[PDB]
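In this PDB entry you will find chlorpromazine.
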There are 2 protein chains.
Amino acid sequence: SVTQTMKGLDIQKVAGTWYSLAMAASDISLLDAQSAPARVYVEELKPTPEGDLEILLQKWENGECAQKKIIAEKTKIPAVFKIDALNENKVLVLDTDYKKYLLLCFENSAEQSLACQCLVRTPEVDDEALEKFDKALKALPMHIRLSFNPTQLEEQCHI
Amino acid sequence: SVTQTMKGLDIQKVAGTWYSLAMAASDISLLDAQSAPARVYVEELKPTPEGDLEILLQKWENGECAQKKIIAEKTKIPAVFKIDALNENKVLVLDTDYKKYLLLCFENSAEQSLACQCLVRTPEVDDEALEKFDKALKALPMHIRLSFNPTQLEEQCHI
Ligand SMILES: CN(C)CCCN1c2ccccc2Sc2ccc(Cl)cc21
Ligand SMILES: CN(C)CCCN1c2ccccc2Sc2ccc(Cl)cc21
């Protein structure tokens, strides 16, 4: 369970282009296949004026790379947003420098499905951002991790 | 490319029961699906009197958990065995204490497919054996890692 958040977060400053450089999850089944439920590739983060967080992403669904937009609503905690659905889902922002890397996790309640990503601003392998990611995950019950190469990061659905 | 071998290896002492507690590989495609080519679950290591290494394992193939045996022949290097096939495949033993953990890698030539496992003697999560595994992998170009839980380790094909 995630007890690492970004103190002092300014969300407006996370807007723009992102790349899902690596991903990790609590169960193998969340990331194993091409259409696994947590295999989501972030494209853009779009904070709303009201301080909500629109997420633009790609997902492989029935043989193809589909585009999706979801909205995570603000909460009392600056680093935590809620996607109301069949479940209470939370987006947690763990850490960021705004200009290079952002670590975030998604979690529901059930047991608890948890997936986290290291997002970066450019199609480049950032070893320092990846160290910070592994550091964060040491405290979490993860059983699968994937990372993409720069070629893949320029393809839809990282193919 | 693997430049970590077990100095002083006595193979005869690796015989018996093993469990594939974690696995890592150079390409996502080698481990991603249930029937991915490197998704192999070790059952037993059986050194031959002549110093070859028989490997008993399970593999999910066309909807089912199949049993297989393969033979890796000795070489001039005690820690390196060869499986002659369509490719020159090597089994490399990186480290072991014989009684708890064994790290090993499999590699071919092409680019180079590489997969490594942390094997343990019991259906138990060995954090020290897993630290040694991550340490070993730091030097290798891995892009997917999986680890199993004790329930899974007692099921065929870790289902
Ligand atoms: C789009 N939908 C298939 C998944 C949305 C919810 N979602 C999520 C929620 C709870 C646990 C794990 C995940 S994976 C994930 C990765 C990226 C994003 Cl942006 C959202 C999620
Ligand atoms: C049985 N066959 C599907 C795979 C045999 C060769 N094999 C292998 C070789 C070169 C690169 C990667 C691998 S994965 C693997 C994992 C365990 C074992 Cl024991 C062997 C292998």
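Order of the sequence lines sets the chain letters (A, B, ...), proteins ahead of strands, with each chain counted from 1. Note that ligands are numbered from 1 as they come in the structure, with each ligand's atoms numbered from 1 the same way. These numbers come from the heavy atoms of this one structure, side chains and all, not from hydrogens, waters or symmetry mates.
- Here, the main chain in contact with chlorpromazine (ligand 1) is recorded in the PDB entry as Beta-lactoglobulin.
- Other chains in heavy-atom contact with chlorpromazine (ligand 1) below 4.0 Å, by letter: A.
- Closest to atom 8 (C) of chlorpromazine (ligand 1), if we only count protein heavy atoms, is A/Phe106 CB, 3.7 Å.
- Under the 4.0 angstrom criterion for non-hydrogen atoms, A/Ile83 is not in contact with chlorpromazine (ligand 1).
- Residue-ligand proximity, A/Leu57 to chlorpromazine (ligand 1), at heavy-atom distances under 4.0 Å covers atoms 19 (Cl).
- Near A/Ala38, the atoms of chlorpromazine (ligand 1) lying under 4.0 angstrom from a non-hydrogen atom of the residue are 14 (S).
- The source organism of chain A, per the PDB record, is Bos taurus.
- Counting protein heavy atoms under 4.0 angstrom from atom 6 (C) of chlorpromazine (ligand 1) gives zero.
- Numbered from 1 in the order shown, with element, the atoms of chlorpromazine (ligand 1) that lie under 4.0 Å from a heavy atom of A/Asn89 read 9 (C), 10 (C).
- At the shortest separation from atom 3 (C) of chlorpromazine (ligand 1) among protein heavy atoms lies A/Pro37 O, 3.9 Å.
- Here A/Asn87 has no heavy atoms under 4.0 Å from chlorpromazine (ligand 1), in either its backbone or its side chain.
- Atom 14 (S) of chlorpromazine (ligand 1) is approached by the protein to below 4.0 angstrom, counting heavy atoms only.
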